[PDB]
Novice: 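Next up is a structure, given as structure tokens.
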Amino acid sequence: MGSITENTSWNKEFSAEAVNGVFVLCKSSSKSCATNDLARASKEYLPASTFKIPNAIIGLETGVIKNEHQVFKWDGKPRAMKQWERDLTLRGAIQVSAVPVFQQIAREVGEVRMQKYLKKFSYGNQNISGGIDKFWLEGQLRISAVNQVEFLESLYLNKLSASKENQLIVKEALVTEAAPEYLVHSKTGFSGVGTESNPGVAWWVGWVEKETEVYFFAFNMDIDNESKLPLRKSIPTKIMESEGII
Ligand SMILES: *C(=O)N1C[C@H](NOS(=O)(=O)O)CC[C@H]1C(N)=O
Ligand SMILES: [Br-]
Ligand SMILES: [Br-]
Ligand SMILES: [Br-]
Ligand code: NA
């Protein structure tokens, strides 16, 4: 990251909802970032579902995901969310956020190759301990909002240590809004409601391409009640609207 500046006026959107969280927003052409909370911007949290971004790239890189047209077939046995109980494309599995699909990808990648690529990607604390199929869900892997926007900028620029084609495949799978001169790539996450005195984390990360500008963003918040989950999009959306992005 280049320069980061704390803008405490963004806290207004947080205190209104009694949310403890951070937003990091970087405008590409100026190589500068802003945040409501410098300290929390660098604090590391479980990636949860945002890990589908590196996991998908690594699956393609290692050949575990054969190509972008691979279909992940449902074996017909119960899955934890009904929206996952179906065959899914790579983009579908990311968009509906089908954990079991990505757990099996991780198992087939294996510990050695997973470690190799998180080191290549400078992904968080790069600690994969806790089980190959769950280190990013309940294990020891942690990543900060600053690190997310660094990783996403590299993906946007096709500068990750992976093939350009594999980065491009995952990028189209991350498109969540498309208009003639407005394009959003993003991914949500939710680690859970945590435990007593130890809240879970909710994420929204991505980037916005508007005209010839691009804005990288990462949001996280403490969460111990699922009813608060939509704030992971509404707080950053209000901030980006106040900046004229949205
Ligand atoms: C990812 O964080 N998980 C899978 C799924 N993601 O949906 S979300 O991105 O809208 O948060 C549900 C939550 C979470 C999980 N239970 O693992
Ligand atoms: Br499941
Ligand atoms: Br996942
Ligand atoms: Br949401
Ligand atoms: Na955490």
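Following the PDB entry, chain A shows residues 19-264, kept in their order. Excluded from the calculations below are hydrogen atoms, water molecules and symmetry mates; all remaining heavy atoms, backbone and side chain alike, are included. Numbering of ligands and ligand atoms starts at 1, following listing order.
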Novice: Please name the chain that forms the largest contact set with ligand 1, as given in the PDB entry.
Specialist: Beta-lactamase OXA-10
Novice: I'm looking at ligand 1, any idea what drug that is?
Specialist: avibactam (bound form)
Novice: Determine from the entry whether a covalent bond links avibactam (bound form, ligand 1) to a chain, and give the residue and atom if so.
Specialist: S67 OG
Novice: Which residue holds the protein heavy atom closest to atom 3 (N) of avibactam (bound form, ligand 1), what is that atom called, and what is the gap in Å?
Specialist: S67 OG, 2.4 Å
Novice: Between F208 and avibactam (bound form, ligand 1), does any nitrogen or oxygen pair lie at a separation below 3.5 Å?
Specialist: yes
Novice: Please work out whether any backbone atom (N, CA, C, O) or any side-chain heavy atom from C-beta onward of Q113 is under 4.0 Å from avibactam (bound form, ligand 1), and answer side chain, backbone, both or neither.
Specialist: neither
Novice: Regarding avibactam (bound form, ligand 1), does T206 bring an N or O atom to under 3.5 Å of one of the ligand's N or O atoms?
Specialist: yes
Novice: Enumerate the beta-lactam-binding residues UniProt records for chain A that place a heavy atom under 4.0 Å from avibactam (bound form, ligand 1).
Specialist: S115, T206, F208, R250
Novice: Could you tell me whether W102 and avibactam (bound form, ligand 1) have an N or O pair separated by under 3.5 Å?
Specialist: no
Novice: If the cut-off is 4.0 Å to any non-hydrogen atom of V117, which atoms of avibactam (bound form, ligand 1) fall inside it?
Specialist: 4 (C), 17 (O)
Novice: Measuring from the heavy atoms of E156, does anything fall under 4.0 Å of avibactam (bound form, ligand 1)?
Specialist: no
Novice: Could you tell which UniProt active-site residue in chain A is nearest to avibactam (bound form, ligand 1) and give the heavy-atom distance to 1 Å?
Specialist: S67, 1 Å
Novice: Give the atoms of avibactam (bound form, ligand 1), by number and element, whose distance to some non-hydrogen atom of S115 is under 4.0 Å.
Specialist: 4 (C), 5 (C), 6 (N), 7 (O), 9 (O)
Novice: Could you list the atoms of avibactam (bound form, ligand 1) found under 4.0 angstrom from a heavy atom of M99?
Specialist: 12 (C)
Novice: With atoms numbered from 1 as shown, which atoms in avibactam (bound form, ligand 1) lie under 4.0 angstrom from a non-hydrogen atom of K205?
Specialist: 9 (O)
Novice: Which heavy atom of the protein is the closest neighbour of atom 11 (O) of avibactam (bound form, ligand 1), given with residue, atom name and distance?
Specialist: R250 NH1, 2.8 Å
Novice: Report, in ascending order of atom number, the atoms of avibactam (bound form, ligand 1) lying under 4.0 Å from any heavy atom of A66.
Specialist: 2 (O)
Novice: Any N/O of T68 closer than 3.5 Å to an N/O of avibactam (bound form, ligand 1)?
Specialist: no
Novice: Which organism does the PDB annotate as the origin of chain A?
Specialist: Pseudomonas aeruginosa
Novice: Please list the residues near avibactam (bound form, ligand 1), using 4.0 Å as the heavy-atom limit.
Specialist: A66, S67, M99, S115, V117, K205, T206, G207, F208, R250
